[PDB]
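Have a look at the structure below before the remarks.
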Number of protein chains: 4
Amino acid sequence: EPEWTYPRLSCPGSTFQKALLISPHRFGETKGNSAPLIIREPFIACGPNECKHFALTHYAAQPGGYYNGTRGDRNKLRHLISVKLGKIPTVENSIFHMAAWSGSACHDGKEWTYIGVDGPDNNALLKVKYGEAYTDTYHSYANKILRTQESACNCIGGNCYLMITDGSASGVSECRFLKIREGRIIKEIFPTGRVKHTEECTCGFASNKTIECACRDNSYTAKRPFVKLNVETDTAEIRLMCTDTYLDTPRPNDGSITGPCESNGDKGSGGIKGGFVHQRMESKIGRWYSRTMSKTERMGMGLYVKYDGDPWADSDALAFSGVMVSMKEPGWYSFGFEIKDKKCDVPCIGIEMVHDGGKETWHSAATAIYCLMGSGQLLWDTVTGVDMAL
Amino acid sequence: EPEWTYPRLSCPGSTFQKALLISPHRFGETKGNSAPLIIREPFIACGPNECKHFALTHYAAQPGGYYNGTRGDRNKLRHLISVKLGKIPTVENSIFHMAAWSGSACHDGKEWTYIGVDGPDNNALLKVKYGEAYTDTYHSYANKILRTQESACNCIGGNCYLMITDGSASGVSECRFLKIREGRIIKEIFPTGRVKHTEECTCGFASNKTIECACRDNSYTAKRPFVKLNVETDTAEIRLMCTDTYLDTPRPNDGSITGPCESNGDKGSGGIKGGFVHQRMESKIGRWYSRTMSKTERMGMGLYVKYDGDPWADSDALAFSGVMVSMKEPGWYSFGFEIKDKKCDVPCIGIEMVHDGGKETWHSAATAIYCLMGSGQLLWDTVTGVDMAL
Amino acid sequence: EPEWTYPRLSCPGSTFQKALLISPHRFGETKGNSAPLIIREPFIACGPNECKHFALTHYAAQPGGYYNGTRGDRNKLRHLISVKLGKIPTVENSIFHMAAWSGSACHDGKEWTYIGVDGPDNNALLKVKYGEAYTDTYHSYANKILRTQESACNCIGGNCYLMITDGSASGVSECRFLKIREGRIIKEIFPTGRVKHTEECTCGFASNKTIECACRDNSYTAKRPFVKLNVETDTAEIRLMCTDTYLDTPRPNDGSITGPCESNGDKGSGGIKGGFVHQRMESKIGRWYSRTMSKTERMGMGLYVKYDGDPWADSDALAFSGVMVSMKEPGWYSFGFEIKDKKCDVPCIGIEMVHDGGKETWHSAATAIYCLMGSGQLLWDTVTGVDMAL
Amino acid sequence: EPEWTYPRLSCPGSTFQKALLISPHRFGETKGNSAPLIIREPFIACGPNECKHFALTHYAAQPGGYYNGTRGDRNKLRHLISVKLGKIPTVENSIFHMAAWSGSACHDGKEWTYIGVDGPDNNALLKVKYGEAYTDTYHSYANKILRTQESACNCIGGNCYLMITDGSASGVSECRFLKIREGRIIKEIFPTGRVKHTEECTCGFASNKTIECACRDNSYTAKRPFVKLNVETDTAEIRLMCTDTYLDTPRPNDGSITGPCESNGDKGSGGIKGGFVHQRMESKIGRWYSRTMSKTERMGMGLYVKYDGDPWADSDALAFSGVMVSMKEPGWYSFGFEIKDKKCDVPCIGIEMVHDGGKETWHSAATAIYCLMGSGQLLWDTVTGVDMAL
Ligand SMILES: *[C@@H]1O[C@H](CO)[C@@H](O[C@@H]2O[C@H](CO)[C@@H](O[C@@H]3O[C@H](CO[C@H]4O[C@H](CO)[C@@H](O)[C@H](O)[C@@H]4O)[C@@H](O)[C@H](O)[C@@H]3O)[C@H](O)[C@H]2NC(C)=O)[C@H](O)[C@H]1NC(C)=O
Ligand SMILES: *[C@@H]1O[C@H](CO)[C@@H](O[C@@H]2O[C@H](CO)[C@@H](O[C@@H]3O[C@H](CO[C@H]4O[C@H](CO)[C@@H](O)[C@H](O)[C@@H]4O)[C@@H](O)[C@H](O)[C@@H]3O)[C@H](O)[C@H]2NC(C)=O)[C@H](O)[C@H]1NC(C)=O
Ligand SMILES: *[C@@H]1O[C@H](CO)[C@@H](O[C@@H]2O[C@H](CO)[C@@H](O[C@@H]3O[C@H](CO)[C@@H](O)[C@H](O)[C@@H]3O)[C@H](O)[C@H]2NC(C)=O)[C@H](O)[C@H]1NC(C)=O
Ligand SMILES: *[C@@H]1O[C@H](CO)[C@@H](O[C@@H]2O[C@H](CO)[C@@H](O[C@@H]3O[C@H](CO)[C@@H](O)[C@H](O)[C@@H]3O)[C@H](O)[C@H]2NC(C)=O)[C@H](O)[C@H]1NC(C)=O
Ligand SMILES: *[C@@H]1O[C@H](CO)[C@@H](O[C@@H]2O[C@H](CO)[C@@H](O)[C@H](O)[C@H]2NC(C)=O)[C@H](O)[C@H]1NC(C)=O
Ligand SMILES: *[C@@H]1O[C@H](CO)[C@@H](O[C@@H]2O[C@H](CO)[C@@H](O)[C@H](O)[C@H]2NC(C)=O)[C@H](O)[C@H]1NC(C)=O
Ligand SMILES: CC(=O)N[C@H]1[C@@H]([C@H](O)[C@H](O)CO)OC(C(=O)O)=C[C@@H]1NC(=N)N
Ligand SMILES: CC(=O)N[C@H]1[C@@H]([C@H](O)[C@H](O)CO)OC(C(=O)O)=C[C@@H]1NC(=N)N
Ligand SMILES: CC(=O)N[C@H]1[C@H]([C@H](O)[C@H](O)CO)OC(C(=O)O)=C[C@@H]1NC(=N)N
Ligand SMILES: CC(=O)N[C@H]1[C@H]([C@H](O)[C@H](O)CO)OC(C(=O)O)=C[C@@H]1NC(=N)N
Ligand SMILES: *[C@@H]1O[C@H](CO)[C@@H](O)[C@H](O)[C@H]1NC(C)=O
Ligand SMILES: *[C@@H]1O[C@H](CO)[C@@H](O)[C@H](O)[C@H]1NC(C)=O
Ligand SMILES: [Ca+2]
Ligand SMILES: [Ca+2]
Ligand SMILES: [Ca+2]
Ligand SMILES: [Ca+2]
């Protein structure tokens, strides 16, 4: 008799380590016999028995003849797909959940919820799937590419919370939260505070009372908007992270944005989804983040950590925890997720490593995983191993 | 231990939306490494735990060397196959249930019933398979291509009802209904009324007492024969759908078949299996239908709806719900089906999108799925994304 | 709490029909992207939940580079493999059970028993596998290719009975039966009567007290040795079938072997494994057989039936029940097996259809299935659909 | 609910036989359509319900374009992978557990423990995974390639014991033992005695009180270090195997290392992981070993056995049991493992058969399995059947 899931205390440990590389295009040469799917925006969500590796496919494999368009964001062909984590996401291994050029998913202890956005840019559509069944939708409210998290949503006691946003990518994008229960949207939550532009939130439980999200401002700042969501009152507030360690790409030099914590500063235009995940201890909360090694390119990926504090108020630099992806390798999207051990939760960060050779060739990604395990210092970086000319 | 299933009230909603595209020949290019099966006549049937995607394969894959003959209807190699819905129907993924060039399937709540017709045109044979066991057959009664629904049969209380027919494609084809229980035919039902040509019925539950079917007349009319089958007395009547919105292809202009409801009118020769699904509410019943956008060609697919009334007597046009497949794209067979959610049923329509390059190349199909989903208006159409020269 | 299996009454029906074709090399062209395994001697065995399709592979696929030797019988590479019945036995779908150039398998209600013979011709070795575990062996006793049934063994109340034989293929091959329980050989049974040459027995339950086998004499006669095994006393006796319808290939004209029932007659040299399966009714036993359409070649396959009687004594011709494989198509090995329906057993005959193009090319087989279903007459024959030049 | 597992008495038997060959590169020809993974260091571990086949992959398939580097030992792409035993380790079939260039695994009766070492040579990291959760790590203690067994670890009562080592391949490598429970290291065991070089131990249960291991010394001797680990006091001693039958490769002539048991002798530099498995009977213990047929090259593989005695003190030659792999074929790593039968344990030995074409082509391995099975003498050897030019 399956019960509702709740966030548990995190497992012991004080450092991340390289766990797993999922690099489908290691097998996509013309000399070869495999059919890895062309994908971007991967993320991982785990239930009580299984981990699922999600992505947005372009509905084409490599090698193949439909490369043209695979460097685009949205079209009528993109689908949310998944494999069990640890499987190579090929044509045959994958399962196609729904049409979607923006997605999310989560397990509530009883059943998977799948979330997909599709439709025309000026009138997109959020779709909710619970198990096999399509159960609810939510309409565009600003008529400017309604879109969601591109990472796991979060469930507590059967209630799943999901960030959505709608609005110009170079102007205002006031985000909303949806409270979804058993596939049906039972409440809209309208955040207060600094709501100018929030998107692609990476969200997790700081506790049984609070969800926290580190998001992307693609318009005004290289500081990440940081959401605190009270799950007991269904209220949310947004403020920019204050840390000198700006987590967006592009970004100016750390600590160079002058004025109070709310100051936007320079190099704010553009952005990237950033990894964020909680380490819940008896009396401390650990906050782990990732950002690219380069200040302007999607190259490299570093891990940072800060225990305790108010992310809205602490200007202190984050503690650099190690290089996950070298500056010589691609470092694009990253995301947090949690594996369920028998009695506690294991916090992890996944990294999207995009193979980018321009619009004249195929365009896809690998996925690297780092997880909290043991003590000491982070020891090894991840390479993709792929030569795009093969 | 599993109980029999019964139609339930539908889930809330007032519009369909694009749910899912299964386009396996996106992976069938010569530059690729995949092996999608060559198929036609796909449909979907759902049990308590799982949805299955069925089709009739020509026992060949693309790329391959057995294209010749795949634009034919019947031969000794055609088989009923399936995959879990969301998987691509490939050589390795598919399961082959039985030899068949006409098929159906349904879950009674305990077990799958598979239905496959094959044999010679003048003496074909319907075969029943219950799980893994072949359990029963039914013989041609007119010696002119015994054939069945090409979509899910319907179970209630362990009783599964199935349309069969026999007779000339261009003359009389009096259908019958088989009542089937745990794989064995226990009753034949002889419909009453307008009985001279009924084939390829798409059937569903109007309630716990009635099954309704919208069918194809390939010979006499562009109106669809409309079956009402009483499940409490095991009796059935057929009359032509009265609606001005003629659902066959080909068909004349809407409302142009003059005279009383049973008038056949012109452009009646030829036809196509149409989508039909029920939206069951407490105090009213919604009927959803699909037809091609072209009045003569198998191009496009539009969605229509009417609430309540009697389809035998009401001439009112169906309300246009939206374009599922634009007229630039192929729109062949369509079928109804329902997904079992936790406490209600989700009504859906699937669309066969045939890749037709003539008899000089391969001939197969993609499948699009639209489902009842939230409110508002239908928002996006479907394309297969397939170039047949690849 | 799984219980021991017993033979049950057969399901109703009075004729066989074409059920299923498994034709892996429909997908093995150079133009294609699949990897069907090169196999011969298929057979099927069913447990209470699943049907398994077994074969002896040459550990090579098509297309591939190891064709040379695939027209041989024995080597160090042959393995017993299986897939779930209904799956194409490819490199990836198959599972490799054990090294074997001769095999059998059966389910006892609790667990699969797998049986494989390998080793040098003059000192071969029967190996028994119960589930994952290798559990017992049995040595050559005549030092002339110890070999087994190439079809399902038979289990009652946890005891599995298996025919084995050892001896020259052009002289004496006194067979033995092994009683195997939970993977261990607990008794040898030495048949009496006509024991000169028995091999490749196709065996089944005539009742709870008796196993019957129709076997192959590759040396002295075109009559099939016919075994009756008393399961309650563990005693077996062998006599030639008496029917005018000689079931071996090659064979003289029916009814042309003069003298008493035991007379060997002409064209006795050579042979073929023949399908045989029981139809158990309340007071009748039905016996179904298959033999090639040609009297001298492995071409075509016909179905025969006789109700009741003593196969040792009745000279009456068997009743011809229909053409399963045309004389224009290959008809090699055939075998009986039974599917388990919910409350009764479904008798079936499988047919090996070998693609034979000589030693200069690849050498493999398809499998066709006919099962007892409904009434009337057998309606359609099976073709393989394969062009070996592709 | 599942109970912890404990070594049981072995099943009856007095000889090994050829059981199974896993030769995936039989499907790796350029004329083919398959994608076997490039792997080395395979081993097998069995739980209550299933046997798993593990290897270290170079994250590449054959045919492919990443052959370069697959004859190297360590890199950032190597992963621990597995399939169900009897499946071919291909891109689609394999599951990727974690990044590792050194590995182990074992089932405690409730769950799988996976072990993978990676990171830089001077600072490598052992990672523990319990089911799907990363649960613990252990750091290099000598900064000279921390590494582990390359074969199954051993569990008793929920306690899993694992050999690790660290130090120069050509100097001192003092191993340790990790006691692991539900994924977390709870004790380090520091062996006593002849401790200067111990690596790649093949371990099994001599009883409920003792684990024994036959290990590799790559530096000093051709005798195998022999670990006795007491599981009741968690203490361990290592001495050199005294037997005249030296089990390493390279090695001098048998019995030619003069002097007392702990004498190292000549040709000690270099080495190879050897097969070792226990045959536990009521009143006696059988120890089965394997070594290459060549005294210097990794060619061939022979089987040896001794009952009882003390391997630290007895100089008696082991009894030659037979040739598993002829000297014409490659014989690289060998490993012990046990299959769980219903009431007893089946001892087995696996053999890595490496396809070595030098560094100018691909580099990978097949796996042969021999098992305790009936009585008599071992009857057949194994060949891979693979031509590397294809
Ligand atoms: C067609 O007929 C079907 C069979 O009569 C109808 O299904 C029945 O629907 C009613 C209400 O919609 C259900 O009664 C409710 O039961 C729930 C609890 O559900 C379970 O209860 C126990 C477990 O405690 C279990 O034994 C049952 O089998 C249910 O799984 C209560 O909370 C409600 O208060 C109410 O009593 C019936 O259970 C259900 N029967 C079956 C066999 O499914 C169906 O509604 C009809 N379709 C229509 C009208 O369109
Ligand atoms: C190492 O220690 C292990 C744990 O002490 C030993 O395993 C034990 O072995 C004994 C006999 O070999 C078993 O006792 C027998 O039990 C069977 C019935 O088996 C089941 O009984 C009940 C169900 O009725 C269930 O609760 C149990 O868990 C068993 O599954 C009886 O028929 C016999 O008469 C006898 O009592 C123990 O059950 C078994 N324990 C465990 C935990 O497996 C093992 O033998 C030792 N290894 C050696 C000595 O080499
Ligand atoms: C968030 O809230 C959930 C639900 O309240 C917390 O889960 C609950 O955790 C407690 C203690 O960890 C569990 O209580 C029980 O305690 C006894 C020991 O006396 C033990 O034998 C039981 O097996 C169990 O551990 C309770 O079962 C559990 N409930 C659920 C539904 O999971 C969770 O710990 C909270 N997260 C925090 C505080 O970070
Ligand atoms: C061969 O022997 C087996 C074992 O004796 C026979 O199976 C047994 O069949 C009987 C009757 O079919 C089963 O008895 C029970 O009868 C009541 C009706 O009063 C019914 O409610 C039960 O569910 C069951 O049918 C018995 O359970 C069953 N036992 C086993 C272990 O299967 C089998 O019928 C014999 N085959 C023949 C005679 O051909
Ligand atoms: C496709 O198959 C059909 C029949 O299966 C082929 O038709 C035959 O063509 C030859 C000439 O090439 C005629 O002599 C036969 O009489 C035809 N048979 C039938 C039944 O029509 C056809 O040639 C094939 N097409 C291709 C391109 O190979
Ligand atoms: C295999 O890979 C190695 C290194 O990964 C290649 O070695 C390099 O070769 C170039 C010349 O072609 C040298 O300039 C580099 O210094 C070498 N690097 C190292 C690390 O040795 C090697 O060429 C590759 N082999 C093939 C056949 O491509
Ligand atoms: C049994 C059979 O062959 N049915 C045909 C065909 C049919 O001839 C018409 O319905 C007229 O009776 O309709 C459709 C069609 O595309 O029109 C293909 C079907 N293909 C198959 N289901 N195989
Ligand atoms: C950790 C590691 O790299 N072990 C090596 C190698 C090793 O260097 C020796 O044991 C000496 O210490 O042995 C064998 C070998 O073939 O000799 C390959 C191993 N390959 C790997 N397991 N990756
Ligand atoms: C198109 C869309 O819905 N999301 C975009 C996203 C976007 O343009 C920015 O966040 C601005 O709002 O940018 C990223 C990106 O790589 O920068 C790709 C995303 N692609 C998809 N998720 N498909
Ligand atoms: C080699 C062996 O063990 N059995 C042979 C079998 C045999 O030669 C005759 O039965 C005579 O005894 O003939 C048949 C055959 O096709 O005629 C192939 C079998 N091939 C295999 N089962 N592999
Ligand atoms: C493919 O490239 C051609 C090049 O002219 C362009 O016209 C077309 O729009 C591209 N298709 C897609 C789907 O991007
Ligand atoms: C392959 O054919 C060659 C041709 O001369 C022959 O020498 C060899 O024995 C054959 N191999 C096998 C395995 O039959
Ligand atoms: Ca920004
Ligand atoms: Ca018509
Ligand atoms: Ca003969
Ligand atoms: Ca050595």
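Chains: lettered A, B, ... by order of sequence lines. Residue numbering for chain A follows the PDB entry; the residues present correspond to positions 76-465, in that order. Using the PDB entry numbers, chain B covers 76-465, in order. The residue numbers of chain C are those assigned by the PDB entry, with the residues present covering 76-465 sequentially. The numbering of chain D matches the PDB entry: 76-465, in order. Side-chain atoms are counted along with the backbone in the values below, which use heavy atoms only and exclude waters and symmetry mates. Start at 1 and go down the list; that is how both ligands and their atoms are numbered.
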Legend entry - Chief binding partner for ligand 10 by contacts (from the PDB entry): neuraminidase
Inset, instruction - List the drug name recorded for ligand 10. - result: zanamivir
Inset, instruction - Find the other chains whose heavy atoms come closer than 4.0 Å to zanamivir (ligand 10). - result: C
Inset, instruction - Could you check atom 22 (N) of zanamivir (ligand 10) against the protein and tell me its nearest heavy-atom contact, residue, atom and distance included? - result: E225(C) OE2, 3.0 Å
Inset, instruction - Measure the distance from atom 8 (O) of zanamivir (ligand 10) to every protein heavy atom, then report the residue, atom name and distance (to 0.1 Å) of the closest one. - result: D148(C) OD2, 4.1 Å
Inset, instruction - May I ask you to identify the nearest protein heavy atom to atom 16 (O) of zanamivir (ligand 10), giving residue, atom name and distance to one decimal place in Å? - result: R115(C) NH1, 2.7 Å
Legend entry - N293(C)-zanamivir (ligand 10) polar pair, N/O distance under 3.5 Å: no
Legend entry - Ligand-side contact atoms (zanamivir (ligand 10)) for residue partner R222(C), heavy atom cut-off under 4.0 Å: 12 (O)
Legend entry - Closest protein heavy atom (residue, atom, distance) for atom 13 (O) of zanamivir (ligand 10): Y408(C) OH, 3.4 Å
Legend entry - Which of the zanamivir (ligand 10) atoms, numbered from 1, are nearer than 4.0 Å to a heavy atom of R153(C): 23 (N)
Legend entry - Heavy atom of the protein closest to atom 17 (O) of zanamivir (ligand 10) (residue, atom name, distance): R373(C) NH2, 2.8 Å
Inset, instruction - Look at atom 12 (O) of zanamivir (ligand 10) and say which protein heavy atom is nearest, naming residue and atom and giving the distance to 0.1 Å. - result: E274(C) OE1, 2.8 Å
Inset, instruction - Considering only non-hydrogen protein atoms, determine which one is nearest to atom 23 (N) of zanamivir (ligand 10) and report residue, atom name and distance to 0.1 Å. - result: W176(C) O, 2.8 Å
Inset, instruction - Name the organism the PDB gives as the source of chain C. - result: Influenza b virus (b/brisbane/60/2008)
Legend entry - Identity of the nearest option to atom 2 (C) of zanamivir (ligand 10), non-hydrogen atoms only, from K348(C), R149(C), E427(C), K219(C): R149(C)
Legend entry - Taking atom 5 (C) of zanamivir (ligand 10) as the reference point, the nearest protein heavy atom with its distance: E275(C) OE2, 4.0 Å
Inset, instruction - Find all residues with any heavy atom less than 4.0 Å from an atom of zanamivir (ligand 10). - result: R115(C), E116(C), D148(C), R149(C), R153(C), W176(C), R222(C), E225(C), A244(C), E274(C), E275(C), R291(C), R373(C), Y408(C)
